[PDB]
Participant: 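Pasting a structure below so you can have a look.
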Amino acid sequence: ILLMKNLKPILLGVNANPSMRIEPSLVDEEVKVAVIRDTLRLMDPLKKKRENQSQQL
Amino acid sequence: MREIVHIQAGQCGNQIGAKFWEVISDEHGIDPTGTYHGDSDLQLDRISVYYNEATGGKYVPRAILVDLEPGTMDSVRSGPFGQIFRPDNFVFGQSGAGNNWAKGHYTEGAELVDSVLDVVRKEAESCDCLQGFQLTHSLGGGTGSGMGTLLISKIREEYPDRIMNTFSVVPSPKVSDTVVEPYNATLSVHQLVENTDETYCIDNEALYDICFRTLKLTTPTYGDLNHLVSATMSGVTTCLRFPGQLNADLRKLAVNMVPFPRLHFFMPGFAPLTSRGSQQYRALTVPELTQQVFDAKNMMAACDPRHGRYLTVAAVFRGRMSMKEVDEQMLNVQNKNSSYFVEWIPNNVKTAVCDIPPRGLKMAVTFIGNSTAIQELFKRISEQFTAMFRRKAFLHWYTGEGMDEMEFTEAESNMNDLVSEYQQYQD
Amino acid sequence: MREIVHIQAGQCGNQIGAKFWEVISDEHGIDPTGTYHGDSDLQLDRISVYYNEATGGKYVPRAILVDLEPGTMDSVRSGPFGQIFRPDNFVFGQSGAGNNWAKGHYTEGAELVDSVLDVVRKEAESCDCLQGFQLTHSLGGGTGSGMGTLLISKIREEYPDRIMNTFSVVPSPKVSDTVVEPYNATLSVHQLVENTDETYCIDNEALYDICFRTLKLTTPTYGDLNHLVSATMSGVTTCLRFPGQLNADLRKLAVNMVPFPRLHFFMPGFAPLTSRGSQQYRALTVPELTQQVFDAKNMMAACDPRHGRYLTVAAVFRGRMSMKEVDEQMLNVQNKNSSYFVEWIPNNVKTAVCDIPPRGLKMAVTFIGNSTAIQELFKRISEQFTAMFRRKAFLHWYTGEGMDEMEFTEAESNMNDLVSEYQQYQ
Amino acid sequence: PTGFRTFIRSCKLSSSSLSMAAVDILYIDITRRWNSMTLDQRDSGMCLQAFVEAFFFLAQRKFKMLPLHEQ
Amino acid sequence: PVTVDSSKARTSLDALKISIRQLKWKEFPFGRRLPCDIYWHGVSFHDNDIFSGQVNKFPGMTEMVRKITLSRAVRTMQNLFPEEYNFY
Ligand SMILES: CC(=O)O[C@H]1C(=O)[C@@]2(C)[C@H]([C@H](OC(=O)c3ccccc3)[C@]3(O)C[C@H](OC(=O)[C@H](O)[C@@H](NC(=O)c4ccccc4)c4ccccc4)C(C)=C1C3(C)C)[C@]1(OC(C)=O)CO[C@@H]1C[C@@H]2O
Ligand SMILES: CC(=O)O[C@H]1C(=O)[C@@]2(C)[C@H]([C@H](OC(=O)c3ccccc3)[C@]3(O)C[C@H](OC(=O)[C@H](O)[C@@H](NC(=O)c4ccccc4)c4ccccc4)C(C)=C1C3(C)C)[C@]1(OC(C)=O)CO[C@@H]1C[C@@H]2O
Ligand SMILES: Nc1nc2c(ncn2[C@@H]2O[C@H](COP(=O)(O)CP(=O)(O)OP(=O)(O)O)[C@@H](O)[C@H]2O)c(=O)[nH]1
Ligand SMILES: Nc1nc2c(ncn2[C@@H]2O[C@H](COP(=O)(O)CP(=O)(O)OP(=O)(O)O)[C@@H](O)[C@H]2O)c(=O)[nH]1
Ligand SMILES: [Mg+2]
Ligand SMILES: [Mg+2]
């Protein structure tokens, strides 16, 4: 996204395979590692089972 | 230039193709060993259409012979004009698919279309400018219908620009050697609607009628029928091999022959046909030729054209004739039998003329007609199929190879859709 | 000028070399007695590339034949074209090292490598300009896979500036007649990667496939299999021995085959292999040779090129064809099958042309192909090796023959690194 | 083409104004245009974007004098 | 424990690994024959023949993020909604 001076965004390129390499770069690590951790947490295969068990109990 | 790839599948396809190659090789002066021994130069000017040129000026026919039973292949090899086919062009299986459409299309014939496609690609790339594919097969069997549909689909998936003309044998109401042949016939019409450009329909009843009435032959075997089919096959592609005054190729025929995309189910005929005890009491003239080609009995399909209207007809004269006679006589055909042609399309006749005549003759004609009566040739099948469906019979031989019940209903419904399409324009 | 010294090792090597020497002697027109009876002035111009001129118009090959079993020497000597060889080039042992790589690399080979190197030096020094050596062996035995590593390791340090080839036979998974054989292969690949300039992987099962499918041969033997290897060997060095439009010496082939030092494993092929009853049904042209040269069916290695992508391709044509036809055919391959080609090498094919065709034939090609799919072979052996190494199997022989446990692990690490680095460029 | 004709016969978009011949002509023209548009010239069949174009044309034919979003 | 396949992570390997260690999930750096809960590919969805579990690649996204396909979709939507889709 290119942010215009009048704060209107412009969508440039889109990437199916963004560079997830963190090298070390503190900013790249802090962003990407957290992104993948949140990704994995959002889709733990046992979360649905745990929620169903909690609702049943 | 304009090379044509030939494919034969099934017993009937293999035998008809063998007769066809024997017929052409006589016309281009090819020996059963491959060498050229001919009198006219014109024969060796477009041998590239059907033949590849190997070393030592020996010409190999561009044909592919496929079947799921090895035995028939030997029959092709150990016959006249038999040691000309390329040894690697014989692709074959172990069991002949029975009379199972499912076996050929799905289970046992699927492990052979890969080899057939490999040979097809190899042949199709040594050609300068391909024109199309022509295939001889017989609807009603297992390897014929199934393997032909699979092969045809897999080729239009790869060459969706060439011309696919099919010479196919259709089930007959009187003559019948199979009890599950309506099933295969219905399962195949559908694939021929959206995967071929021209479809020539042949039935053994019509060929037997021709051999019994016109020629007055005592014991007509399969040889005579294959001979007639070879005659009409050679006659259609003549304006690509020899020169003339109104040359018309396969694409021109399709353009003048098919007004709507699904309406490409023609019916064939060959004009000069007499007994052996009558060739001296009749004069071989253009009027007699054009009178015999439009005769209802002299038609190689078991549908009466008087019960419908001709959408369009194409005639391909061969020999030395005057244009005026051709135009006048095939204009007078459409002023007399005027009720047998549709009115929304004026001038329902396409005329081509090739100079060179067939060997041993002076004038010959090949007739291709698109008329609505062909609907009957399908209609009967539906009836038979229906009788075998409500009391589901022999369906386990088909459902035991992966075919669902829904495919039968879809194929049948497509058949009535085509019949209704042919019917609506007649009224 | 520019002569090559030939070395044969093991039974497989000796038999392949005997067939090759019969082939070359027929090509150059050499009597089995050693005389020249041939009708050409070009068969004797570069004859000083395999042969040596003895007294009275006698020609004797280089042909250093080695074995630890004295049976193959007797088989070669009493045999077609078997007295064509110098009597003292036969360096033979007393026991065939079993099927033990340790025996032929550490104990039995050591007591014979010096004897071999004496005659190797004696021949080399009688050369005007030594282009290099070439070794024929198999990577599944003890004598072959051990001698062809020890000898190559000591020949490379003595002549680092020369050229070294190897027509090795890589063991096959299906056609297997030896149990310990993977071990030997795992212990050889890591020495056949830093001690030889080229290496040709000749898998036996591919030769059987060619014999069964292309040649329609009901009952093939080892001679039929060695015929193809000899044909490829002759086609590799034709441009050093006969004139051409575009010559290609061995070093010229090396310079445009290996993009990186350790990527020197190739796939051979021979263009006009047809049958005996399909010949009449074919036309001998450039396009058809290029079609039966690039197919995953005419290849003498058991790995599908469709699984990887070529890094480079050679094509030593032999015949009196035209250059425009060859260039046009090469441009079509590359344009047709674009996916099966590395993007960062434009025009991956290196061509060559030699006028003189093999006798009888009027046209032939020898396809050399560096492909990433070759990694399959290595990754097909390592697994087997691991299957036999986690539970120590048959290892008492190697351990008691002087080796130690760490050599096996080092060899596996080297082979795994080779597979990974070949996969890197895919 | 069978898919298009089944769609037309199912959602009853065909009428006196738009017969089967017109539908076939539209399908042929759209398919040819989109096949020629792509770098590869085979494109045997119809992609999704061509279907979007066909749906746009059909929606233009019906509900005349209406905004495109309503169409 | 959740099993994650990282044999095809490529540039996402390291950033994933610590994350895998942050969730106390147990990894397959070299993969396995048995089905895995989550498969992490780097470039293409067709990297591995997956029949069950989860994969970090939707099919065909390599082609969709290409410039001409995204542009075609954007112009289609701009025809559908010009005012809304003015960002491109
Ligand atoms: C005594 C005599 O006159 O015999 C002639 C002949 O003219 C008759 C009997 C022939 C003859 O045909 C038949 O008797 C016949 C019987 C059953 C099935 C097919 C043919 C003939 O066989 C057919 C043959 O025709 C040809 O040669 C054509 O070129 C024809 N056939 C071949 O080229 C051919 C080549 C090799 C082997 C067999 C036939 C052809 C026509 C158009 C396109 C391609 C080929 C000829 C002159 C004869 C015989 C030999 C009796 C007829 O030939 C055709 C099919 O036009 C049948 O009616 C015509 C005209 C004649 O009556
Ligand atoms: C029926 C016929 O024409 O027979 C031919 C022949 O052309 C065929 C059958 C030959 C023949 O080869 C084989 O039968 C064969 C069998 C197993 C494995 C390999 C070959 C032939 O043996 C091979 C031989 O080729 C040669 O002479 C080459 O020069 C060849 N010679 C030798 O290898 C050789 C060497 C020493 C003693 C005897 C032969 C050669 C090839 C490359 C480099 C140098 C030499 C020829 C013309 C024939 C026969 C005799 C059947 C073929 O030979 C090659 C490898 O080019 C096999 O396919 C080709 C082409 C043909 O099909
Ligand atoms: N006009 C001809 N009809 C033939 C010929 N040979 C067979 N047929 C007829 O064709 C029909 C189908 O029989 P085939 O055995 O040729 C069909 P197919 O090969 O597809 O069956 P399978 O080999 O059992 O799979 C049947 O009515 C036969 O009588 C022939 O040479 N000419
Ligand atoms: N193409 C050929 N392959 C061969 C030949 N002899 C053996 N082999 C194959 O190679 C392997 C065995 O090769 P050899 O017996 O020549 C090995 P060598 O004698 O050098 O080892 P030792 O057992 O230590 O003496 C095995 O896979 C055989 O099938 C041959 O003459 N030709
Ligand atoms: Mg049969
Ligand atoms: Mg031995």
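Protein chains get the first letters and strands the later ones, always in sequence-line order, with residue 1 at the start of each. Atoms considered below: every heavy atom in the structure, side chains included; atoms not considered: hydrogens, waters and symmetry mates. Every number for a ligand or one of its atoms is a count from 1 in the order of the listing. We show just part of the entry here, counting contacts only within that part. If you check the header, you will see the structure was determined by electron microscopy, 3.3 Å.
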Participant: What does the PDB call the drug placed at ligand 2?
Facilitator: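 The drug there is Taxol.
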Participant: What is Taxol (ligand 2) bound to here, taking the chain with most contacts and naming it as UniProt does?
Facilitator: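 Greatest contact count: Tubulin beta chain.
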Participant: State which other chains have a non-hydrogen atom nearer than 4.0 Å to Taxol (ligand 2).
Facilitator: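 Non-hydrogen contacts: C.
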Participant: Can you pull up the source organism of chain C from the entry for me?
Facilitator: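 It's listed in the entry as Homo sapiens.
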Participant: With a cut-off of 4.0 Å, which other ligands or ions come near Taxol (ligand 2)?
Facilitator: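 That comes to none.
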Participant: Which residues from the surrounding chains have any heavy atom less than 4.0 Å away from Taxol (ligand 2)?
Facilitator: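 The heavy-atom site around Taxol (ligand 2) is C/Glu22, C/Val23, C/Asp26, C/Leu215, C/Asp224, C/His227, C/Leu228, C/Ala231, C/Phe270, C/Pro272, C/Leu273, C/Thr274, C/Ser275, C/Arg276, C/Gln279, C/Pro358, C/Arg359, C/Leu361.
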